[PDB]
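Shown here: sisomicin bound to Aminoglycoside N(3)-acetyltransferase III.
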Protein chains: 4
Amino acid sequence: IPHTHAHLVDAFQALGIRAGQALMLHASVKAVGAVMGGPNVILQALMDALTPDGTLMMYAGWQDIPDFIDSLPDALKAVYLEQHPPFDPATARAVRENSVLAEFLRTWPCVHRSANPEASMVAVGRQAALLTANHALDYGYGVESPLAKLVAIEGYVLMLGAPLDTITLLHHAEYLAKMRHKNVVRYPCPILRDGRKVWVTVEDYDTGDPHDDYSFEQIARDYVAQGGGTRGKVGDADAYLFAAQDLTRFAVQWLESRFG
Amino acid sequence: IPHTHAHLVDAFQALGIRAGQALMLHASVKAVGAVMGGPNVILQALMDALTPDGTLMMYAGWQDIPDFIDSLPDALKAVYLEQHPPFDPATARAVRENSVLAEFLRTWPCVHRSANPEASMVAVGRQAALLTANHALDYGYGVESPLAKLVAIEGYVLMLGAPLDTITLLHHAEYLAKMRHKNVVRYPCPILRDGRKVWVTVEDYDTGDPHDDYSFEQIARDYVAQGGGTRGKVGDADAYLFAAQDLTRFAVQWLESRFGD
Amino acid sequence: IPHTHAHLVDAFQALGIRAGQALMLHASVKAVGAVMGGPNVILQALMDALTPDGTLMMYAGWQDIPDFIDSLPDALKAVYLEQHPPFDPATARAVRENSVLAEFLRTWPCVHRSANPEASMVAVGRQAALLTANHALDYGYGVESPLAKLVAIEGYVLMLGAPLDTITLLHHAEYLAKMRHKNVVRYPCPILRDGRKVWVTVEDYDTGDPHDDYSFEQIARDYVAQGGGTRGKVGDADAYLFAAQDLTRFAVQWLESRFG
Amino acid sequence: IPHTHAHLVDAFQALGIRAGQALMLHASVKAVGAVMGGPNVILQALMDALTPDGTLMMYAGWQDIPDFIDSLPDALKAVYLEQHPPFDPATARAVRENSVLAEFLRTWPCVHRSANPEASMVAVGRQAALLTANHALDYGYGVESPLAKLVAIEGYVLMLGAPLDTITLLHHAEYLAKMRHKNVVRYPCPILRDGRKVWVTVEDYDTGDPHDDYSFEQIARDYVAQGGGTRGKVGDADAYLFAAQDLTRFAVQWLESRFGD
Ligand SMILES: CC(C)(COP(=O)(O)OP(=O)(O)OC[C@H]1O[C@@H](n2cnc3c(N)ncnc32)[C@H](O)[C@@H]1OP(=O)(O)O)[C@@H](O)C(=O)NCCC(=O)NCCS
Ligand SMILES: CC(C)(COP(=O)(O)OP(=O)(O)OC[C@H]1O[C@@H](n2cnc3c(N)ncnc32)[C@H](O)[C@@H]1OP(=O)(O)O)[C@@H](O)C(=O)NCCC(=O)NCCS
Ligand SMILES: CC(C)(COP(=O)(O)OP(=O)(O)OC[C@H]1O[C@@H](n2cnc3c(N)ncnc32)[C@H](O)[C@@H]1OP(=O)(O)O)[C@@H](O)C(=O)NCCC(=O)NCCS
Ligand SMILES: CC(C)(COP(=O)(O)OP(=O)(O)OC[C@H]1O[C@@H](n2cnc3c(N)ncnc32)[C@H](O)[C@@H]1OP(=O)(O)O)[C@@H](O)C(=O)NCCC(=O)NCCS
Ligand SMILES: CN[C@@H]1[C@@H](O)[C@@H](O[C@@H]2[C@@H](O)[C@H](O[C@H]3OC(CN)=CC[C@H]3N)[C@@H](N)C[C@H]2N)OC[C@]1(C)O
Ligand SMILES: CN[C@@H]1[C@@H](O)[C@@H](O[C@@H]2[C@@H](O)[C@H](O[C@H]3OC(CN)=CC[C@H]3N)[C@@H](N)C[C@H]2N)OC[C@]1(C)O
Ligand SMILES: CN[C@@H]1[C@@H](O)[C@@H](O[C@@H]2[C@@H](O)[C@H](O[C@H]3OC(CN)=CC[C@H]3N)[C@@H](N)C[C@H]2N)OC[C@]1(C)O
Ligand SMILES: CN[C@@H]1[C@@H](O)[C@@H](O[C@@H]2[C@@H](O)[C@H](O[C@H]3OC(CN)=CC[C@H]3N)[C@@H](N)C[C@H]2N)OC[C@]1(C)O
């Protein structure tokens with residue numbers, strides 16, 4: 001029997017999902033196992049557990065962001081500058097490695113999408129506009145970001161068979177933490193401005209690799225080991241539910257004590 | 001006979017105010033009628049309907065802003081430059097014509113205040129810091145303003161016996177709208193910088209008079225006439241509740257269709 | 001006798017015109033009086049005093065710009081939108097009020113014309129391409145204008161019997177000056193884009209009326225009174241030669257001290 | 001015994017320096033040897049050979065540009081962002097490796113200085129304003145730069161005892177040349193905007209190291225070998241005089257023949 005909508009709603013509630021929460025999801029469709037109706041039902045079941053008074057958010061980003069063009073031969077870079085489409089929030093596809101579920105939520109009715117191409121988040125529910133509003137282009141995991149707002153409203157992160165190393169929220173802890181040295185990246189990206197394509201430079205902390213000798217999986221496992229979060233099964237998947245505020249506080253302290 | 005806290009909470013909920021909303025208030029104490037406990041109870045009842053996870057904001061401005069000193073004679077202007085106090089967000093009083101309720105909210109526990117003196121907004125609640133953060137000095141009703149943020153987070157405007165012409169949000173619609181004519185003003189203002197008084201010049205669109213042949217009352221009356229918002233009584237006052245995003249969109253289209261490209 | 005080429009050259013040199021200068025001209029043919037060979041000889045004599053290493057520029061604009069159509073009834077506005085020709089820099093005639101000399105210079109061999117229709121400038125000589133390049137559509141008397149470049153390369157303005165109120169350079173001073181009140185206008189204009197007519201909206205400061213209680217005649221006469229420029233006769237005309245940088249600096253200070 | 005103004009003027013003229021030319025100088029004071037009156041007289045003799053109808057330019061840059069702060073510990077970077085002064089063109093000192101002569105010219109009467117901090121050029125003479133005008137912040141050795149204008153007005157470059165590897169003009173050839181790959185740098189810099197310090201990001205091609213397996217010394221030596229320029233002694237210094245237009249054309253073809261795609 002493929003997992004049903006009802007069995008998923010009930011499992012989310014059993015794990016601790018409650019009406020009105022703001023929740024960021026990381027998931028693996030394959031870890032959940034076959035669902036009756038496909039991955040839509042994972043999203044709908046989670047939405048139903050949250051009710052319309054709650055909010056569901058995922059990290060979408062942009063699968064085709066051409067942030068790498070300075071490494072290309074100059075003549076090819078020039079073609080990119082002429083021919084590559086800009087980030088259009090209506091069409092820019094989600095990063096495939098963020099789960100097909102992120103692309104499914106990005107194209108969900110009543111979705112809101114944040115404006116930072118590389119860090120773009122999508123949300124559905126009562127606080128979806130709030131979470132995705134005024135997402136600054138520079139330092140997209142920092143103070144002017146959906147992650148800051150998720151912490152401020154005491155939201156949650158649900159890991160649904162997704163590896164612990166993929167928690168995007170810990171990039172916000174990296175932004176906050178006073179560390180010996182953090183790597184800054186400056187990269188090009190085409191956006192829409194007054195309906196026309198414009199290439200801009202985006203400045204951010206590196207989010208492709210850690211700033212020092214740590215991993216997100218290590219921080220998350222240490223968090224679990226000292227009693228943080230709840231754990232349970234949802235479909236076939238091992239699931240973890242974390243409070244965003246407590247996990248961010250823990251991770252900032254973890255980073256500053258080891259690398260400050 | 002005076003309106004009670006409970007009856008005000010019920011009236012706000014009947015109008016459509018819900019837990020967690022971000023709400024900007026324009027109000028007349030006299031229009032509401034006598035409240036048991038005074039105007040504090042209007043603010044508290046509204047906060048209670050919003051809950052601490054909602055947010056209540058008002059336009060405070062600065063009652064004593066000396067933005068007029070350029071039209072004084074040189075000798076008097078010199079006295080102002082020397083003697084007028086700077087905008088101190090801890091003490092600068094709210095504009096009296098913004099209702100005593102704005103000054104009451106400005107002095108409420110856990111209030112946050114935006115840094116633009118002339119355009120200063122005050123808020124209490126979960127998004128109060130968010131709404132009031134990084135309020136740019138120039139174009140204070142524009143893209144870096146609490147009004148832009150109220151629109152972005154899909155907040156609301158509540159008119160509680162206040163004239164429709166007083167909706168500050170429509171200055172943000174003026175900022176957004178592409179119009180054949182705009183008046184740009186530069187005016188002086190004393191502020192605090194590194195703990196010291198410094199006189200600066202602020203640039204903004206004129207918000208004292210319209211940029212063309214319209215009024216805010218007209219726009220708002222037209223919005224209501226085509227079904228915008230909800231209406232209901234709160235105390236003795238006729239109240240209107242508007243979605244900030246829908247009203248701004250309507251007002252921008254209204255201005256652009258009449259004066260636009 | 002009509003004035004000769006040789007006597008005009010001598011008069012220009014006596015006034016202070018030197019080889020290699022970049023010069024913007026405002027002129028009245030009638031004030032100069034009849035010239036042997038007509039107004040062509042005024043331009044050629046000036047070009048000869050400047051030599052090919054100098055540059056001569058004038059304000060052309062567009063005599064037929066339909067910037068007034070938004071105020072017409074819909075039915076007439078519609079006809080303008082469909083039937084009025086776009087700004088074609090090869091054919092768009094200079095504003096007649098700018099002197100026939102501006103249209104004569106616009107049609108001179110080796111002329112360069114700037115792309116802003118309402119603010120269009122025409123130039124012949126060594127820096128003609130430099131002065132007329134990349135003239136932005138918005139704020140056409142501003143930072144991206146031939147007037148800004150004339151100031152930046154320390155060019156000159158020659159008034160050849162033209163009223164001081166007609167100095168276009170003082171609109172650049174208005175743009176630069178920090179003033180208590182500015183009128184900003186948006187108006188329609190047909191242009192060519194990829195060889196097709198397209199209607200665009202242009203944003204600019206109002207240049208039809210001052211922004212406050214002043215006139216250009218007032219500013220320039222004050223400049224002359226404090227020793228600015230040199231004066232002399234050219235033909236029958238009273239002529240004034242101003243340094244573009246010094247006049248702009250003076251006018252900005254004049255505006256800011258009174259309205260800033 | 002020390003070299004005199006008159007002998008320096010003649011030595012410059014012997015190379016081909018003429019009245020009215022626009023000339024960019026690279027120099028070593030030590031290579032020239034002691035001059036009667038010091039390095040001022042080198043500049044004045046060159047100016048006198050060029051006459052007031054000519055123009056003299058040097059690369060000043062900014063000795064204290066804090067373009068390296070991202071490599072510092074975060075806490076030290078934070079101090080720089082707060083405390084390091086911005087580029088003020090009235091005071092920012094010339095890079096010392098560009099010769100004390102560049103700082104001497106930067107402080108010369110009637111000097112003009114271009115606005116790009118890292119690439120800042122200083123010039124005195126008839127076309128000094130033109131050469132230094134509207135120097136773009138990004139790609140400061142490219143199309144909107146003093147080097148582009150020096151090429152356009154058919155100016156010259158004089159190497160006065162300076163190593164051929166230090167010719168700034170060849171960074172403009174690097175900018176122009178269609179090469180297989182050029183390294184792009186983006187770096188921070190504090191500037192003045194409306195009288196206040198602002199930190200901005202500057203984008204440019206790398207000018208600290210070549211983009212491929214070449215050196216400027218090698219290009220210039222090849223230019224000389226095929227008959228380009230003139231050479232002679234000025235004081236104790238070996239001098240080279242290059243036409244900017246011909247050298248830029250030669251260098252672009254040189255780079256594209258060897259490293260193009
Ligand atoms: C990388 C990772 C997503 C891979 O997980 P996964 O289960 O293999 O991949 P997805 O969740 O995208 O599911 C894909 C499956 O959905 C299924 N599916 C069901 N209906 C589908 C449909 N209409 N269209 C496409 N796929 C569909 C398919 O079986 C597909 O697998 P297939 O192409 O092999 O046939 C996962 O291990 C992970 O890391 N999750 C966390 C990711 C994250 O949040 N990163 C944030 C960056 S900070
Ligand atoms: C102008 C306007 C405020 C007048 O409304 P109002 O009801 O007369 O005035 P207020 O709301 O300030 O209420 C004043 C009353 O509060 C009462 N009050 C109760 N307790 C009070 C107290 N401790 N202290 C002071 N006043 C008190 C008083 O009776 C006072 O009236 P009084 O001084 O005549 O005795 C109203 O018509 C209006 O325009 N509101 C919208 C304004 C706005 O929001 N503008 C935004 C700018 S875009
Ligand atoms: C308005 C102003 C141009 C009128 O000056 P003017 O001397 O009367 O007019 P012009 O310079 O255009 O000269 C016109 C004369 O050129 C003569 N002329 C000679 N050859 C001519 C020819 N081939 N074709 C046409 N006219 C010719 C004609 O006699 C003509 O006069 P007419 O039409 O009455 O017979 C002048 O007073 C002025 O203000 N100049 C400054 C304008 C300016 O620079 N504005 C900038 C905008 S900010
Ligand atoms: C690096 C380089 C400048 C060093 O040359 P240099 O002759 O040693 O140095 P300078 O030209 O700065 O001259 C310094 C000498 O000027 C002399 N001098 C005379 N008057 C002086 C004065 N008032 N103040 C300071 N120094 C003075 C001093 O002897 C000083 O040397 P010292 O400090 O050892 O006593 C030279 O080899 C070079 O590379 N020139 C090319 C520069 C260039 O254009 N770079 C741009 C790269 S694109
Ligand atoms: C398209 N260009 C890319 C650019 O979008 C950006 O992507 C980041 C991505 O790698 C991060 O995932 C890595 O890190 C984590 C935790 N250590 C585990 C999985 C790893 N893959 C992700 N959490 C956040 C993304 N912003 O940085 C890298 C890049 C190559 O430049
Ligand atoms: C202290 N100096 C003043 C300065 O603060 C500013 O005040 C503005 C105020 O008038 C506006 O209220 C007018 O607008 C209409 C709506 N059309 C409703 C009532 C009208 N009075 C208000 N909505 C916004 C304020 N920023 O401009 C004017 C000024 C005199 O300079
Ligand atoms: C075609 N439509 C017109 C549009 O081109 C623009 O014309 C301007 C023109 O009037 C200005 O001349 C006035 O200014 C004073 C200087 N105080 C001298 C003479 C006055 N006539 C001129 N200097 C600059 C022009 N850009 O504005 C007005 C307009 C009607 O909209
Ligand atoms: C302050 N930071 C520095 C920044 O100003 C910039 O300096 C450049 C400078 O090195 C170049 O000189 C090198 O190259 C040449 C020919 N290959 C020979 C001498 C070499 N030293 C000079 N020609 C142009 C300068 N723009 O780049 C490097 C930097 C460290 O980032």
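Letters A, B, ... are given to chains in the order of the sequence lines, protein chains preceding strands, and every chain is numbered from 1. Side chains included, hydrogens not; waters and symmetry mates left out as well; all remaining heavy atoms used. Both counts, for ligands and for their atoms, begin at 1 and track the order of listing.
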List the ligands or chains that belong to sisomicin, copies included. ligands 5, 6, 7 and 8
What are the letters of the other chains with a heavy atom below 4.0 Å from sisomicin (ligand 7)? C
So, for atom 20 (C) of sisomicin (ligand 7), does the protein have a heavy atom nearer than 4.0 Å? no
What is the organism of origin for chain C, per the PDB? Pseudomonas aeruginosa
Can you sort out which atoms of sisomicin (ligand 7) are near C:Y59, meaning under 4.0 Å from one of its heavy atoms? 25 (C), 26 (N)
Geometry only, no angles: is C:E118 polar-contacting sisomicin (ligand 7) at N/O separations under 3.5 Å? yes
Measuring to protein heavy atoms, does anything land under 4.0 Å from atom 30 (C) of sisomicin (ligand 7)? no
Part of C:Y141 within contact of sisomicin (ligand 7) (heavy atoms, under 4.0 Å): side chain
Specify the residue and atom forming a covalent bond with sisomicin (ligand 7) in the deposited structure. none
Contacts by heavy atom under 4.0 Å between sisomicin (ligand 7) and UniProt 2-deoxystreptamine antibiotic-binding residues of chain C: C:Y59, C:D67, C:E118, C:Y141, C:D165, C:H171, C:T207, C:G208, C:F216
For atom 16 (C) of sisomicin (ligand 7), what's the nearest protein heavy atom and its distance? C:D165 O, 3.4 Å
Please state which option from C:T207, C:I65, C:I167, C:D67 has its nearest heavy atom closest to atom 2 (N) of sisomicin (ligand 7). C:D67
What lies under 4.0 Å from sisomicin (ligand 7), among the other ligands and ions? ligand 3 (coenzyme A)
Per-atom contacts, sisomicin (ligand 7) versus C:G208 - under 4.0 Å to a heavy atom: 10 (O), 13 (C), 27 (O), 28 (C)
With atom 23 (N) of sisomicin (ligand 7) as the reference point, say which of C:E174, C:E97, C:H171 has the nearest heavy atom. C:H171
Heavy-atom contacts of sisomicin (ligand 7) within 4.0 Å: C:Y59, C:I65, C:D67, C:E118, C:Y141, C:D165, C:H171, C:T207, C:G208, C:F216
